Colleague: 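I have a structure here, written as structure tokens, and I will follow up with some questions on it.
Starting from 1, each residue takes its place in the sequence as its number. Start at 1 and go down the list; that is how both ligands and their atoms are numbered. Only this structure's heavy atoms are used, side chains among them; waters, hydrogens and symmetry mates stay out.
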Amino acid sequence: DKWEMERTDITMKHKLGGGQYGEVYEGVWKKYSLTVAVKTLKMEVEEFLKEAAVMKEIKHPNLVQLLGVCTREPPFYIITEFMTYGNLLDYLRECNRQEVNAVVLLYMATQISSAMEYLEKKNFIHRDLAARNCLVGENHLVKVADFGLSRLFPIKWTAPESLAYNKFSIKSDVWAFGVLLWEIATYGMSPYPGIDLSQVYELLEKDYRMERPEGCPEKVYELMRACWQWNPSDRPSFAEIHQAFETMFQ
Ligand SMILES: Cc1ccc(NC(=O)c2ccc(CN3CCN(C)CC3)cc2)cc1Nc1nccc(-c2cccnc2)n1
Ligand SMILES: Cc1nc(Nc2ncc(C(=O)Nc3c(C)cccc3Cl)s2)cc(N2CCN(CCO)CC2)n1
């Protein structure tokens with residue numbers, strides 16, 4: 001296996017983002033003195049190795065790049081490139097809005113839609129697509145974190161068909177993407193603020209959708225609304241979503 005590393009190839013450093021991603025650490029891959037991120041497991045082994053195998057198949061500019069794995073005996077490692085600025089939700093909430101302005105919001109939306117178009121075409125689904133599971137690099141680079149991928153839950157990001165019948169599709173990710181776009185357009189506000197988690201489905205069932213955020217262009221809000229179509233087959237494809245963002249650039 002070309003991905004297999006000895007644990008001693010890595011020097012473990014500090015826990016990343018004060019433990020928000022659980023057991024994810026900064027490390028150094030000694031071969032290149034390259035700062036990396038390392039997810040560890042010392043219960044959920046079957047799950048951890050299945051994700052390791054899935055990440056070997058994925059290669060896109062906007063998905064976090066696997067570098068190696070330690071999957072022989074515990075502790076188990078997944079090693080990726082280090083995204084320097086951390087998760088997109090905290091980044092939006094804390095950013096300088098003079099820098100992170102309309103064109104950067106569009107750029108962030110376009111990048112994530114590019115990653116999801118790739119997964120759509122490669123018959124993968126994400127099971128936790130949200131701003132907190134996107135990572136930021138230099139010059140407003142955004143990559144989707146890829147530990148929760150499957151080959152084909154977070155209630156406020158979950159399509160109605162997934163809450164009701166536990167059924168997930170690429171169309172469920174299109175719903176989640178619309179919530180993520182809402183997170184981008186509000187610089188990382190909590191969706192459905194103050195609404196009890198048990199009543200989200202019944203509100204959605206009676207055609208409730210979140211209102212246009214302050215300053216959100218109408219074309220961007222129309223695309224959110226298309227992502228939140230009740231019928232999954234009425235939601236646009238990630239290919240259509242990416243193309244719509246490309247077209248908006250004036
Ligand atoms: C995709 C997106 C989603 C949301 C937003 N929202 C905002 O841009 C915005 C504007 C005003 C506020 C409100 N704000 C409150 C505080 N006071 C001080 C300022 C105003 C909030 C968000 C922009 C975008 N970006 C976007 N959308 C469509 C087109 C473009 C675009 C930009 C440049 C060139 N071509 C296209 N850029
Ligand atoms: C939570 C967090 N992660 C960061 N970067 C990461 N790179 C990649 C990550 C990741 O999880 N990889 C991964 C692995 C390893 C396995 C499977 C799947 C995947 Cl995707 S986590 C940076 C960061 N920072 C804290 C805050 N700082 C600013 C202070 O103001 C910036 C730095 N915090």
Colleague: Just trying to sort out this structure - which chain has the greatest number of contacts to ligand 1, name per the PDB entry?
Modeller: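 It has the most contacts with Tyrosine-protein kinase ABL1.
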Colleague: Which drug molecule is found at ligand 1 in this structure?
Modeller: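 It's listed as imatinib.
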Colleague: So what drug did they put at ligand 2?
Modeller: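 The name is dasatinib.
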Colleague: Within 4.0 Å (heavy atoms only), which residues surround imatinib?
Modeller: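 On a heavy-atom basis, the binding site is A102, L105, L106, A185, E214, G215, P217, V220, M248, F249, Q250.
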Colleague: I keep wondering which UniProt domain of chain A most residues near imatinib fall into. Any thoughts?
Modeller: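 The majority fall within the UniProt domain Protein kinase.
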Colleague: Going by the PDB entry, what is the biological origin of chain A?
Modeller: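 The deposit lists Homo sapiens.
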Colleague: I'm curious what other ligands or ions sit under 4.0 Å from imatinib. Any?
Modeller: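 The other ligands and ions are absent.
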